[PDB]
Number of protein chains: 2
Amino acid sequence: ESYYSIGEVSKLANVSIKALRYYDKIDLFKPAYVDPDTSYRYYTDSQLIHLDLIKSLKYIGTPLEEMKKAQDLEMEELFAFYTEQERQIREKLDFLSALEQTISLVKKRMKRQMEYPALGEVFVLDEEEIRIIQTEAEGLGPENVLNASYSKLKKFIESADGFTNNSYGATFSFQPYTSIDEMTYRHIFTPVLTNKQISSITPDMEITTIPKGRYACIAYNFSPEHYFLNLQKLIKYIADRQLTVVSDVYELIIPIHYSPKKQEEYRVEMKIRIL
Amino acid sequence: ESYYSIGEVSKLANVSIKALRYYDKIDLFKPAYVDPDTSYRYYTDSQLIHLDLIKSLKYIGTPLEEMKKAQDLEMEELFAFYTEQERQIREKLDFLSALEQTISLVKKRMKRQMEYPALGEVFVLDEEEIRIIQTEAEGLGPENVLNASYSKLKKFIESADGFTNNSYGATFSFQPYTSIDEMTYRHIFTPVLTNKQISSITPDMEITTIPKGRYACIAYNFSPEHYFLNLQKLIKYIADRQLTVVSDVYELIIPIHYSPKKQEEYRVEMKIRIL
DNA sequence: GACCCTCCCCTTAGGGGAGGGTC
DNA sequence: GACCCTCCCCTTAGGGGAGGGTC
Ligand SMILES: NC[C@H]1O[C@H](O[C@H]2[C@H](O)[C@@H](O[C@H]3O[C@H](CO)[C@@H](O)[C@H](N)[C@H]3O)[C@H](N)C[C@@H]2N)[C@H](O)[C@@H](O)[C@@H]1O
Ligand SMILES: NC[C@H]1O[C@H](O[C@H]2[C@H](O)[C@@H](O[C@H]3O[C@H](CO)[C@@H](O)[C@H](N)[C@H]3O)[C@H](N)C[C@@H]2N)[C@H](O)[C@@H](O)[C@@H]1O
C-alpha cells in the first residue's frame, strides 16, 4: 500500500535515478506504475527485491543485456551461471597475476640501465642469464639492419609476453675488425621475459639465452662516431688484460625515450663473456 | 631509405590499419609522410620503435591520452609510472581475489537450499555459524514488514561485500502463538559474507551471528496458508519430542527467482536452536 | 522549493562498411 | 586486382545539463 517515486527508490536502493530510468528504458527493471499524464514513475515495495540481483551482477561486472537472461534462470541454472563467473574471474586473476611479474621484471631491467657504473668505459662484471629469441641474421650489418628486421621475433614475444621488448639485440664474432664496414651480425635476437609457452614457434627461431657468466661490458649513449670507437676500446681491454673470450659480442640497443617530439636517443651495450 | 604504407606497418607491427589511422587522428602516433593529394600515409622504419611502448601500454590497459603523457617521460620518470601501474594492478588483484571467495560462498549457501532434505517437514541438524547484521525491529510483524525496512542494513552490507544479500531475516521469541496476529519480530537482520571491515557502522547495527549449534528446522516455499501452519508444526515438534529451545526462531526468506515476468516465489526457513 | 519528466550532447578505442579513388 | 583514402553509423552504461512541468 506504500508506493515509491524514482527518488524514493534511488535513496532506498542506493542506485541512481538516471540509472533506474535507464533500466526502465532497456526493460531490465520497469516501474509498476507510470502515471499517464506526468510520465512520473512509481514503484511497489515488493519490486525492490529484483534489484538485489541486478545490483550484485553489476558489481561482478555482468553486462546488462546479460542480466536479463540471468533473471529468468531458475535457482539450479543460476548457480551454474555463477560458476561461469567464477571461471571468468580466475582468468583475469591469472592474466593480471602474470602481468605483475612481467612489470616487476621490466622494471628490474630498467634499473640496471640507470645504475650502470659508468658510460663509455669498459668493465667486467658478473651477469645473470638472459633468455632470448633469435634468428640467423642473413648477412645483416650494423649498417643496414632495420626495425622491420625484427617483426617476426616480435610477433612471437608479443603473442607470449603480451609486452613488447624494450630491447633489440644482435651478436657477432669477436675480431680485430678495423671497420664497421667489416662487421656482420651472426644472429639478431630479443630477450623474452615470460616463462609462458610460445605456441607454434616455427623452427627458424631458436630459444636460447645469453649464458650466466662473467662479462667485459661497455655501454654508452649512441652516436655514430662512438659506436666503432667503443667497440675498439673493448677489443683493447681484452687484448691488454690478456683474456680469453668465450662468446660473441652481444650488442643491445634500448630507446631512452619514445617521445616522437624529441630527438631520438638510445642506450647501447656491447658485452662479451670471458673465462 | 625504405618507407612503409599503413598496410605495411600494420602487418609489420601487428596493429590494425583503422588503429594507426586512429592513432594518427589523436596525434599519438603520426606518419612521417602524408602525400598531399592522395592523403596516403607513409611511415619510416625508424618510427616503428615508438609503437613498442604504445603496444605495451595498451596491453597493460593504459588509456590513450595517458600514453601521450607517458611518451615524453624520461627513463627514471617512466620507471615510476610503471610502479603506479604495478600498484593499480595489485588493487584489481585484491578486488577480484575478494570476489572469488565471495562467489564461492554465495554458491555454497545456494547449494544447501537445493539440497534441503525435505520441504514442509521439521528436522534437526547441526549448523555452522552464520554471521549477520541486525537491528531492533521497532515493532515489526510478519504482517507489515517491508523490503524498505532493510535499506540501511543493506547499505552497510553492500558497502562491505559489494554483493547484495540474496537473503532476508528476522527473529522472534519462541511461543505457543495462536495467530500471525500475535507475533512481533525482535530484530531483523541480513547475513554478512565478508570478513572485510564495515567502515563507520553506526551503533544501531549490531554485528552478531546465528551461533553454531543444533537446530530444529523447517523450510518450504511460501504461501500465506502455510506460513503459520509450518510454524505450528515446529512448535509441535519441540513440545512433543520435549526439547529445550535456546534462541529465537530465526526466519529467513530467499527469492527463488528474480524474473520480473513470472509470479514471485520465495523459500522460507524457520530454524531454532536446542540443547 | 524540491521533485520529476524528456531530450540532447558527451566518453573509449576503435570495427564494419559505403563509395569513392590509387598503385 | 589489391591497396588506400574519408566519412558515417554502431556499442556500454549511463552522467551532466537544458528547459520544461509537478508535488
Ligand atoms: N643495431 C642496429 C639497430 O638499428 C636501429 O637503431 C640503432 C642502430 O644501431 C643505429 O644504426 C647505425 O647507425 C649508423 C648509421 O646508420 C652506423 O654507423 C651504426 N654503426 C649503426 O648502429 C641507429 N641509427 C640508432 C641506434 N643505434 C634500432 O634501434 C634497432 O632496430 C637495431 O638494433
Ligand atoms: N518476512 C517478511 C518479508 O516480506 C517480504 O516477502 C515475504 C514475506 O514473509 C511475505 O509477507 C507476508 O505475507 C502474508 C500477507 O502479507 C502474511 O500472511 C505472511 N505472514 C507474511 O510473511 C511476502 N508476501 C512474501 C514473502 N514470504 C520480503 O521477501 C522480505 O522483505 C521480508 O522478510
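Naming: A, B, ... by sequence-line order, numbering from 1 per chain. Counting starts at 1 for both ligands and their atoms, in listed order.
- Among the options epothilone D, troglitazone, kanamycin, valsartan, the match for ligand 2 is kanamycin.
- Taking the chain with most contacts, the partner of kanamycin (ligand 2) here is, per UniProt, Multidrug-efflux transporter 1 regulator.
- Other chains with any heavy atom closer than 4.0 Å to kanamycin (ligand 2): B.
- The PDB entry lists the organism for chain B as Bacillus subtilis.
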